[PDB]
**Q** 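Lab note: structure loaded, ligand of interest is salicylic acid.
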Amino acid sequence: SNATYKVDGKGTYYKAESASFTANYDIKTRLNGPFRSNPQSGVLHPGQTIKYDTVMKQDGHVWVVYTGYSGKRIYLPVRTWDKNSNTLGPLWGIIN
Ligand SMILES: O=C(O)c1ccccc1O
Ligand SMILES: O=C(O)c1ccccc1O
Ligand SMILES: O=C(O)c1ccccc1O
């Protein structure tokens, strides 16, 4: 599975890909990596748009990654992902 991704030492699938994501929900964002157990960076509120540069699959979700003003990397989950089937849930916002 995930032939177009590489894999890191934590088993996270990742790939460089750039677009914009506009949230349709309040979505909690994370520091350090694509795990809901990680520290919370904050939240995207509906209608807020970020420009991402990396896509990851980990911890039951597809995530997109961007850089905050300070240079901290911020991990935003955008839909569910089942590792054993590669099935994806509906997107939590709009990609354009
Ligand atoms: O689904 C994709 O994104 C894809 C990309 C490259 C080659 C085969 C693929 O299915
Ligand atoms: O931001 C949320 O409430 C959330 C909900 C489901 C899964 C991951 C999440 O960050
Ligand atoms: O499945 C993907 O390749 C993908 C990439 C970016 C955002 C959401 C996604 O499902």
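The residues of chain A that appear here are 398-493 by the PDB entry count, in order. Only heavy atoms go into these numbers, but all of them, side chains included; no hydrogens, no water, no symmetry mates. In each ligand, atom 1 is the first atom listed, and ligand 1 is the first ligand listed.
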**Q** Quick one: what's salicylic acid (ligand 2) bound to in this structure? I mean the chain with the most contacts, named like the PDB entry names it.
**A** Lysostaphin
**Q** Quick one: what's in the binding site of salicylic acid (ligand 2) at 4.0 Å, using heavy-atom distances?
**A** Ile424, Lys425, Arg433, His458, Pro474, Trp489
**Q** To the nearest 0.1 Å, how far is atom 1 (O) of salicylic acid (ligand 2) from its closest protein heavy atom, and which atom is that?
**A** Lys425 N, 2.9 Å
**Q** Can you tell me which residue and heavy atom of the protein come closest to atom 10 (O) of salicylic acid (ligand 2), and the distance to 0.1 Å?
**A**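 Residue, atom and distance for the closest contact: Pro474 CG, 3.5 Å.
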**Q** Which neighbouring ligands or ions fall closer than 4.0 Å to salicylic acid (ligand 2)?
**A**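 Under 4.0 Å from salicylic acid (ligand 2), there are no others.
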**Q** Tell me whether atom 3 (O) of salicylic acid (ligand 2) lies less than 4.0 Å from at least one protein heavy-atom position.
**A**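 Protein heavy atom within 4.0 Å of atom 3 (O) of salicylic acid (ligand 2): absent.
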**Q** Which of the numbered atoms in salicylic acid (ligand 2) are under 4.0 angstrom from any heavy atom belonging to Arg433?
**A** 8 (C)
**Q** Should you measure from each heavy atom of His458, which atoms of salicylic acid (ligand 2) turn up under 4.0 Å away?
**A** 7 (C), 8 (C)
**Q** Using a strict cut-off of 4.0 Å, indicate which atoms of salicylic acid (ligand 2) neighbour a heavy atom of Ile424.
**A** 1 (O)
**Q** Tell me whether atom 8 (C) of salicylic acid (ligand 2) lies less than 4.0 Å from at least one protein heavy-atom position.
**A** yes
**Q** Where is the nearest protein heavy atom to atom 5 (C) of salicylic acid (ligand 2): which residue, which atom, and how far?
**A**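 Looking only at protein heavy atoms, the one closest to atom 5 (C) of salicylic acid (ligand 2) is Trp489 CH2, 4.2 Å.
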